[PDB]
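Drug present: zolpidem.
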Amino acid sequence: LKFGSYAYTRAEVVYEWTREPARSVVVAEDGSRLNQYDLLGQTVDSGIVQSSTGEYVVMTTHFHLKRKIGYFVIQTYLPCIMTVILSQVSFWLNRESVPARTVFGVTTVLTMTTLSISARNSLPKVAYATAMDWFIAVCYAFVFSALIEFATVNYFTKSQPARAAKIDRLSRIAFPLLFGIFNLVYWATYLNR
Amino acid sequence: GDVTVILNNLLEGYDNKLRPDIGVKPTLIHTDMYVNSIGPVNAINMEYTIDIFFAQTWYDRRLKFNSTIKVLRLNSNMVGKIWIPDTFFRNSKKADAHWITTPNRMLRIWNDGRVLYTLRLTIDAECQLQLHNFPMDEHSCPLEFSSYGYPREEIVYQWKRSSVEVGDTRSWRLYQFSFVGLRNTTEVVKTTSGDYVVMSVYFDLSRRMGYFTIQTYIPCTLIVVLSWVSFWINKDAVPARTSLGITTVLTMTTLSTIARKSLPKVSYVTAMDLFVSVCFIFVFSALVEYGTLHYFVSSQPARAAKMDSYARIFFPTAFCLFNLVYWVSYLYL
Amino acid sequence: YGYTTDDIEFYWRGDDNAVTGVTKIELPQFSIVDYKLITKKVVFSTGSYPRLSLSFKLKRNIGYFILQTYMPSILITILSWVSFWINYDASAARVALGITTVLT
Amino acid sequence: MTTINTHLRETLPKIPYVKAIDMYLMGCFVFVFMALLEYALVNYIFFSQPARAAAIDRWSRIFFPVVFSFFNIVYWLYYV
Amino acid sequence: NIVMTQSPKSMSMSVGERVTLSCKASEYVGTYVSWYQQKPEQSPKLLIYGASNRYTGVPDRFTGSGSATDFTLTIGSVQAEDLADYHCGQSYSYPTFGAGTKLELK
Ligand SMILES: *[C@@H]1O[C@H](CO)[C@@H](O[C@@H]2O[C@H](CO)[C@@H](O[C@@H]3O[C@H](CO[C@H]4O[C@H](CO[C@H]5O[C@H](CO)[C@@H](O)[C@H](O)[C@@H]5O[C@H]5O[C@H](CO)[C@@H](O)[C@H](O)[C@@H]5O)[C@@H](O)[C@H](O[C@H]5O[C@H](CO)[C@@H](O)[C@H](O)[C@@H]5O)[C@@H]4O)[C@@H](O)[C@H](O[C@H]4O[C@H](CO)[C@@H](O)[C@H](O)[C@@H]4O[C@H]4O[C@H](CO)[C@@H](O)[C@H](O)[C@@H]4O[C@H]4O[C@H](CO)[C@@H](O)[C@H](O)[C@@H]4O)[C@@H]3O)[C@H](O)[C@H]2NC(C)=O)[C@H](O)[C@H]1NC(C)=O
Ligand SMILES: *[C@@H]1O[C@H](CO)[C@@H](O[C@@H]2O[C@H](CO)[C@@H](O[C@@H]3O[C@H](CO)[C@@H](O)[C@H](O)[C@@H]3O)[C@H](O)[C@H]2NC(C)=O)[C@H](O)[C@H]1NC(C)=O
Ligand SMILES: *[C@@H]1O[C@H](CO)[C@@H](O[C@@H]2O[C@H](CO)[C@@H](O)[C@H](O)[C@H]2NC(C)=O)[C@H](O)[C@H]1NC(C)=O
Ligand SMILES: Cc1ccc(-c2nc3ccc(C)cn3c2CC(=O)N(C)C)cc1
Ligand SMILES: Cc1ccc(-c2nc3ccc(C)cn3c2CC(=O)N(C)C)cc1
């Protein structure tokens, strides 16, 4: 929150804090209309603005906000994890139930697309990719890999059923462990920031 | 005070209704502009926001004064007492000055009668975006201004080499566009009330394809590959294949509908629409491939298997080829 | 508002080139077919007043709507016919296809 | 369940904590997901002794309504 | 309570060359760090008010800088008059001074 004088330069009007700068911006204890943010504190500074019309005093205040994650957890991360697990459970399913596994895969992928598109609209249309975007992308990759695994099982079955059994049994434990490793890595690399 | 006496003398017998040199020669106004920020460029309303510090300098013979004070530095209190040019922005949907805590206006008067008058403005300028090539489209659209009631014979505007300067450009609100640069222009425009000197500043904006990539290009590609995954499925499970195809089609259709909504409803096709329609054709072609296979298996299964393998080996190559063609075509031109 | 036809009379200054810029106008969804300038007097209980009317004819650009709405409709109702080519023995495929077309 | 939750989400603002309607919606989604898992489980032991799969199905047929009713009683007594 | 650690505690650097005094703050004190000069048996004299602003009638060899917690005072060329104790203090909060560093020639 920068403010200063229009039309009066440092040589004519200067600004200063009434009391100690640390105690000069006071926030009412009960006054907080933030919903998804937490106000950690405020910081003040005084400086100069260099302008074609002269040098002006600018008084600066910074309000430090840390975003609350509960809503985003509930609306994106827990749904995404649940969709991943819903795609995973197909491995325990019967191989002979080809329509069942196909329905699971296609519905899960559609569900990941709808969560992706619904999660992107909440934040502004920035060009770069956010952390939630990476989480959504990796979850999408996991569900899509589960679909590819089912496709490979259905391709092998009736030709090399031993290979189909081996690949399905291996995936049953490879996918959950990889998802857990990715979850731990992501949460560590972002929360501890 | 001395300045009080000077200001009293200046305003005595002063008619702010009449411009300087009314019956003599056009009043030459020099204009500068500090582009504080170029706000969001929303194409739905076909406009963009810009925050500027507009400065205007002219000479007023009536404001000459002899004293050791070389410049009278004043606040907005005097803005309405002296004559001020009636500059307005011709392509502004809506603009307003700033009024907190007081009017954000400055006024400086020199010995020789020169007047400098700056103010802070935010303008919702309107410029038509030719959304062909979107979201690869590049735009360069203006902020025009002129005197409302004074034709060229009475008010003339003139730029300066360093008239238009830009801020840091990192805090600007442009998310899907990048500020390539700006150029200025002056011309005369014929109007019902006469000819007016119209001054223009063009801001060249290049779109960022990064966001729309994530929004639409990746999802459409991955739905297309989802449609591909049908071919490797066993031919026997008809409900499996039908459900996969229809789910891909529905997701593709809803994705197309939502993706277009990001764009103003225009009657012409955009580069974005073409890629989406190509992916939609690809999924429809996969559905038709499975349907033809289902009809042809009854007559003979060997041909069905042969054509299924051919489709499996072809479709990815066809999609890659069309991607290359589209991307090169719309990046070159 | 306050002046009747005994006090004020309106007319178009030129009567043909009184309204300008209609050709240069551009709309995302409409095309201006033409415009008309009308002069008349409207009577209220308070008196009679001069009325000018400027009217535009706007025609909707169908091109957007065709692809946006009709094309998904045309397709969906075409795929709905695929059920015919499938043998009636396979109930699941045909039923799913028809019913999902209805949902779409 | 997903669509009902999306319709609820659009109306309300972004709030960190969890609302009562949110608790009910998680409960109901848990029930649906558990039914799906039960179906997958009975399918898994389908090739094995079908008697066990039938017994599991019979257990579910009576427990799921009962457990859902108990959950409804608890939820509605807590919030009233 | 912001604690201003001032180092080095003393200096015996040769006359005529550059002197660098570095003052560090425990917490954020935006630009409210000042440098005072205290010649022996005499009251302190203000040299730098705010960060990187010189007080009236101060030799131009003195110049300071610093943003959040790292502030320094630089002398272009020492003089016989510069043999004094220098203290850095912050005024962002209730004032606290640094330990002060003595300047010596040899
Ligand atoms: C249909 O009806 C509509 C509704 O009535 C009508 O709109 C109104 O039009 C009038 C006239 O056009 C407007 O009045 C003018 O307002 C100008 C500023 O406009 C902005 O601000 C006002 C709000 O005004 C408050 O805040 C301003 C900002 O500082 C103050 O200047 C005001 O005093 C006032 O402050 C009070 O209110 C505060 C909070 O409400 C309080 O906290 C505070 O304590 C005060 O009590 C807004 O309403 C405007 O918004 C509207 O307009 C914009 C236009 O783009 C729209 O976009 C928007 O949507 C809104 O519609 C806008 O934001 C004033 O500058 C102006 O007054 C000057 O000019 C007149 C004319 O000459 C003088 O009489 C007057 O004295 C002023 O001149 C002095 O001041 C200037 C500095 O500005 C000096 O340069 C000058 O030399 C002169 O100084 C001398 O006199 C001084 C005495 O004032 C003295 O102190 C000096 O020492 C010196 O001697 C004028 O008042 C009105 O705001 C519109 N309202 C609305 C709602 O639109 C519309 O036009 C009608 N349509 C038609 C077709 O007729
Ligand atoms: C849009 O709607 C308006 C209003 O309905 C149309 O204006 C109408 O224009 C016709 C032709 O100019 C008018 O007819 C005239 O009536 C007078 C009455 O004395 C007669 O003397 C003339 O010979 C002529 O027949 C009609 O009055 C007028 N409507 C109203 C309410 O004034 C307009 O044509 C429509 N289209 C466009 C493109 O504006
Ligand atoms: C802004 O307008 C000024 C004045 O019209 C332009 O200044 C000219 O700059 C060129 C350099 O390319 C010089 O050769 C001319 O002599 C300048 N003219 C004057 C009158 O000084 C300036 O180029 C414009 N900036 C743009 C278009 O970006
Ligand atoms: C053509 C022109 C150029 C600059 C100004 C101007 N006048 C001021 C007065 C005060 C303050 C804080 C900023 N001002 C600015 C803009 C500026 O220089 N910024 C933002 C760094 C006005 C007109
Ligand atoms: C408050 C709330 C409730 C439910 C959801 C939700 N939406 C989905 C969509 C899809 C899939 C697979 C799972 N979903 C879940 C699961 C969930 O969040 N649980 C179990 C706590 C989101 C927010």
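Chain identifiers are assigned alphabetically (A, B, ...) following the order of the sequence lines, protein sequences preceding nucleic acid strands; residue numbering begins at 1 within each chain. Heads up: this isn't the whole entry, just a piece of it, and contacts are only counted within that piece. Every number for a ligand or one of its atoms is a count from 1 in the order of the listing. All values below come from the heavy atoms of this structure, side chains included, with hydrogens, waters and symmetry mates left out.
- Zolpidem, all copies counted: located at ligands 4 and 5.
- The chain forming the most contacts with zolpidem (ligand 4) in this entry appears in the PDB entry as Gamma-aminobutyric acid receptor subunit gamma-2.
- Other chains whose heavy atoms approach zolpidem (ligand 4) within less than 4.0 Å: A, B.
- The molecule name in the entry for chain A reads Gamma-aminobutyric acid receptor subunit alpha-1.
- Other-chain residues and nucleotides with a heavy atom under 4.0 Å from zolpidem (ligand 4) are A/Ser5, A/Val49, A/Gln50, A/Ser51, A/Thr53, A/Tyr56, B/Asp32, B/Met33, B/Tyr34, B/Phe53, B/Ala55, B/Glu165.
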